[PDB]
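Contents of the following structure include clotrimazole.
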Amino acid sequence: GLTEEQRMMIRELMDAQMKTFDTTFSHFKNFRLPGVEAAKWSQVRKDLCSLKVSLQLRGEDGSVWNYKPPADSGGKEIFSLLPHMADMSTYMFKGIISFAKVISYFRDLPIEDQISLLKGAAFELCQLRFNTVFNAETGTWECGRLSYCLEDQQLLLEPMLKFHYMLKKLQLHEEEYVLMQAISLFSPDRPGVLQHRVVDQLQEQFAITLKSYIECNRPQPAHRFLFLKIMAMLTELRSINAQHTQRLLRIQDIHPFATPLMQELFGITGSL
Ligand SMILES: Clc1ccccc1C(c1ccccc1)(c1ccccc1)n1ccnc1
């Protein structure tokens with residue numbers, strides 16, 4: 001029950017996803033690994049505690065490395081995973097940027113608005129892509145030969161983590177994830193967007209396509225209100241990206257770690 005525009009639209013997004021989402025992370029390599037005042041630090045210590053995972057690395061030859069992070073002993077060991085996480089984020093961001101740049105609706109926008117939309121939505125799209133490799137039975141993001149496991153059920157208090165569990169519960173299709181990415185990418189209200197009305201119209205068409213996709217392919221009474229649930233999750237995603245953004249900026253304030261691409265997306269000038 002989708003129109004021809006809508007069917008073309010979903011195809012173009014699925015195409016962009018297929019070309020730019022390295023789902024086995026095969027080309028994530030050369031990354032760093034952990035080695036072998038006052039009220040800021042209290043806040044940053046709390047910040048880093050929420051971002052805590054163990055790391056497993058499965059060698060192509062069959063070997064396995066496992067890293068268990070330290071406890072907070074009041075020092076600098078709380079920063080040990082930041083260079084690795086910066087490299088993973090950077091790698092995800094490159095995929096996100098490539099995703100946007102092959103979408104016709106995005107390429108047609110002026111360059112400054114392209115940049116403003118990517119700066120506004122990079123994290124959100126990264127989180128949506130991470131959700132598709134999140135294993136909610138083991139609390140593990142399965143990134144090909146890398147796995148990141150939550151240290152350990154009072155962790156669902158963390159809004160990022162509650163989001164991943166709730167979104168995974170909806171059992172979305174690939175098409176529904178990529179429409180979510182599009183709706184978040186084409187948010188007309190990001191800082192610096194000039195063409196508000198053009199982006200808003202595009203956003204509305206992505207949401208209408210999603211509504212129609214669901215109505216036509218999900219008749220089960222379990223998926224009643226699925227569209228509205230998804231849209232409320234998108235609002236939650238925006239809110240937690242703002243929280244997560246401020247958290248990384250606090251951490252970055254006292255222990256620098258953003259790569260140049262992360263700095264670009266943050267608007268960090270390299271000046272002081
Ligand atoms: Cl992606 C990211 C960047 C910086 C810090 C933490 C995370 C995190 C993650 C995701 C996949 C693989 C390793 C870490 C992360 C890990 C644990 C707790 C919070 C965030 N992530 C961002 C959003 N959802 C998950």
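In what follows, residues are counted from 1 in the order of the sequence shown. Every number for a ligand or one of its atoms is a count from 1 in the order of the listing. Basis for what follows: all heavy atoms, side chains included, without hydrogens, waters or symmetry-related copies.
Most heavy-atom contacts to clotrimazole (ligand 1): the chain the PDB entry names Nuclear receptor subfamily 1 group I member 2.
The shell of residues around clotrimazole (ligand 1) (heavy atoms under 4.0 Å) is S50, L51, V53, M85, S89, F130, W141, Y148, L150, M160, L161, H164. Per UniProt's hyperforin-binding annotation of chain A, a non-hydrogen atom lies under 4.0 Å from clotrimazole (ligand 1) in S89, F130. Atom numbering of clotrimazole (ligand 1) starts at 1 in the shown order; those under 4.0 Å from a heavy atom of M160 are 23 (C), 24 (N). Of all atoms in clotrimazole (ligand 1), numbered sequentially from 1 with element shown, those under 4.0 Å from a heavy atom of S50 are 18 (C), 19 (C). By UniProt annotation, the domain of chain A with most residues touching clotrimazole (ligand 1) is NR LBD. The deposit credits the origin of chain A to Homo sapiens. Taking a cut-off of under 4.0 Å to the non-hydrogen atoms of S89, the atoms of clotrimazole (ligand 1) that pass are 3 (C).
Counting atoms of clotrimazole (ligand 1) from 1 in the listed order, those under 4.0 Å from a heavy atom of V53 are 16 (C), 17 (C).
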